[PDB]
**Student:** 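Structure provided below as structure tokens; questions to follow.
To find a chain, count down the sequence lines: A is the first, B the second, and so on, and within it residues start at 1. All values below were derived from every heavy atom in this structure, side-chain atoms included, with hydrogens, water molecules and symmetry-related copies excluded. Atoms within each ligand, like the ligands themselves, are counted from 1 in listed order.
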2 protein chains.
Amino acid sequence: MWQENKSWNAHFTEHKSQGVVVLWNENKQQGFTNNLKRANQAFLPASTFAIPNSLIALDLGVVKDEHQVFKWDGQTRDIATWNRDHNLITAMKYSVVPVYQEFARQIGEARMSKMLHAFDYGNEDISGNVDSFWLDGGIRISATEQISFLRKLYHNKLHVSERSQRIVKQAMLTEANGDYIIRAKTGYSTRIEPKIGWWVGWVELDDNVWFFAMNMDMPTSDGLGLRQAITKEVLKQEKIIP
Amino acid sequence: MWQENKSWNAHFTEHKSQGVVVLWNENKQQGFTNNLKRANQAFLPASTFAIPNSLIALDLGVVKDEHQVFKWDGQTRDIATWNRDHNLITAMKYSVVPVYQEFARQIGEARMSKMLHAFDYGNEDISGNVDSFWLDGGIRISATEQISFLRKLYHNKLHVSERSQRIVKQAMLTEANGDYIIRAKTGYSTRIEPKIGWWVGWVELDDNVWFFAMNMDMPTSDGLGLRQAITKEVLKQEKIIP
Ligand SMILES: *C(=O)[C@H]([C@@H](C)O)[C@H]1CC(SCCNC=N)=C(C(=O)O)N1
Ligand SMILES: *C(=O)[C@H]([C@@H](C)O)[C@H]1CC(SCCNC=N)=C(C(=O)O)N1
Ligand SMILES: [Cl-]
Ligand SMILES: [Cl-]
Ligand SMILES: [Cl-]
Ligand SMILES: [Cl-]
């Protein structure tokens with residue numbers, strides 16, 4: 001099921017990094033990883049929680065559709081792309097935490113807990129503030145657990161409406177060309193050590209789908225680009241992308 | 001509120017070509033073109049008919065979803081990408097005419113005629129073979145009529161299910177990056193003169209949608225890349241994409 005290829009460790013050590021890459025081949029039902037222990041270590045999801053958050057908000061009617069405008073509250077925050085109006089698409093593209101905090105408040109602790117357990121999402125513990133539990137609370141998820149959750153979302157197998165899953169997968173669109181399509185979500189956990197960066201999603205090919213989930217130590221914000229770069233080095237090495 | 005900007009003709013003249021580019025700014029509700037007369041001139045849709053054809057097939061249940069396999073009939077044809085199995089996604093990516101001909105045969109003349117009237121699609125005339133009318137029959141559509149049809153599709157306003165419109169817009173995915181998303185469909189009309197190439201779709205920005213419809217004379221197949229190249233030249237000039 002899960003095959004450890006320690007050869008991939010060079011992709012982190014060459015960048016003075018520490019992390020895990022997890023790949024799942026949907027057609028052969030095989031998984032690969034550089035580090036089995038870290039692949040099964042759970043971390044704060046950070047902005048990768050935007051995928052289950054958006055799913056629940058859509059299914060419960062908190063969000064009508066991907067065109068609904070969420071107004072900026074006129075308060076300037078550190079990330080410049082946050083200080084403007086957003087919809088479901090740009091909220092995910094720019095990881096607009098205040099938009100998702102409002103989602104969680106409208107969803108409520110009771111319904112958030114039931115959906116996360118139905119999703120089998122991580123440890124299913126929303127301990128902490130309902131608007132911040134994925135940033136400084138008790139919810140934790142591993143790379144392999146991200147893969148399992150994403151595989152259900154791809155097949156529309158999650159216990160929400162098919163429309164909700166289609167819309168969220170549309171918002172996950174990150175990159176597309178004649179060779180591949182990448183639907184993914186970035187993450188950056190900073191409020192509790194260890195500071196890590198996430199990148200989870202999948203690569204759609206013509207005749208296969210390659211799921212991926214990676215996290216890596218992120219002591220400073222200068223290495224955020226390594227999240228996508230290290231993953232693409234593994235995808236290139238594995239003949240998945242040219 | 002159309003605006004004719006003959007400056008764009010240089011993008012055609014540089015390649016010793018002739019054609020029309022039509023842009024629609026959805027936010028401002030204003031249009032732009034290099035040739036107003038040709039913008040309203042109707043041609044055979046050719047493979048751009050894959051958009052309404054897939055919509056009808058999905059809504060009628062002829063296609064269950066985007067994963068359903070349409071097996072190759074065994075006949076070797078000129079374009080090698082046609083000689084394999086395809087789903088709704090790869091059929092649109094490779095413009096696999098035999099797949100779409102099979103769609104039209106299962107839809108039938110009566111249901112195809114009424115769907116096109118409901119769509120207000122072009123001259124709504126499906127005269128000819130039920131599996132070739134968009135290639136050598138009587139159906140005609142202009143660039144401005146293509147944009148009219150695409151704007152309804154973008155807002156889920158066509159008189160089919162919202163699900164079928166979402167799936168087709170997923171199949172239209174052509175290119176995406178951090179700057180823009182393009183959902184579009186190419187076309188090459190070769191059976192009846194004049195030989196023309198098509199490119200219709202839209203460019204999704206964070207804050208706006210730019211619908212485009214272009215057609216150009218295509219005497220030989222070696223200029224097909226000019227369909228996207230000239231459109232991007234126009235999009236770059238108007239500061240729509242970097
Ligand atoms: C989610 O992981 C976070 C949020 C919890 O802070 C957001 C913030 C960022 S990048 C912030 C720094 N930008 C430039 N220096 C991301 C991200 O994934 O890029 N998500
Ligand atoms: C639709 O417009 C046609 C069909 C009617 O033949 C298909 C064929 C092509 S050409 C593919 C590349 N051939 C040589 N380079 C297209 C197209 O739009 O590219 N659609
Ligand atoms: Cl978030
Ligand atoms: Cl959608
Ligand atoms: Cl076709
Ligand atoms: Cl999409």
**Student:** So what drug did they put at ligand 2?
**Tutor:**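 It's listed as imipenem (open form).
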**Student:** Quick check: main partner chain of imipenem (open form, ligand 2), as named in UniProt?
**Tutor:**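 Chief contact partner: Beta-lactamase OXA-48.
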**Student:** Which other chains show a non-hydrogen atom at a distance under 4.0 Å from imipenem (open form, ligand 2)?
**Tutor:**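 Those reaching under 4.0 Å with a heavy atom: B.
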**Student:** Provide, to 0.1 Å, the distance between atom 13 (N) of imipenem (open form, ligand 2) and the closest protein heavy atom, together with that atom's residue and name.
**Tutor:**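 Atom 13 (N) of imipenem (open form, ligand 2) sits closest to the protein heavy atom B:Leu224 CD1, 4.2 Å.
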**Student:** Give the residue, atom name and distance (to 0.1 Å) of the protein heavy atom nearest atom 19 (O) of imipenem (open form, ligand 2).
**Tutor:**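 Going by distance alone, atom 19 (O) of imipenem (open form, ligand 2) is nearest to B:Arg227 NH2, 3.1 Å.
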**Student:** With backbone taken as N, CA, C and O and side chain as the heavy atoms from C-beta onward, which portion of B:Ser47 lies under 4.0 Å from imipenem (open form, ligand 2): side chain, backbone, both, or neither?
**Tutor:**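 The part of B:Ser47 near imipenem (open form, ligand 2) is both the backbone and the side chain.
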**Student:** In chain B, which UniProt active-site residue has a heavy atom closest to any heavy atom of imipenem (open form, ligand 2), and what is that minimum distance to 1 Å?
**Tutor:**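 In chain B, the nearest UniProt active-site residue by heavy atoms is B:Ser47, 1 Å.
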**Student:** From atom 11 (C) of imipenem (open form, ligand 2), is the closest protein heavy-atom distance below 4.0 Å?
**Tutor:**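 There is no protein heavy atom less than 4.0 Å from atom 11 (C) of imipenem (open form, ligand 2).
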**Student:** List the covalent partner residue and atom for imipenem (open form, ligand 2); answer none if no such bond is modeled.
**Tutor:**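 The covalent bond goes to B:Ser47 OG.
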**Student:** Which residues make up the contact shell of imipenem (open form, ligand 2) at 4.0 Å, heavy atoms only?
**Tutor:**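 By heavy-atom distance, those would be B:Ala46, B:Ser47, B:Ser95, B:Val97, B:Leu135, B:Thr186, B:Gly187, B:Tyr188, B:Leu224, B:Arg227.
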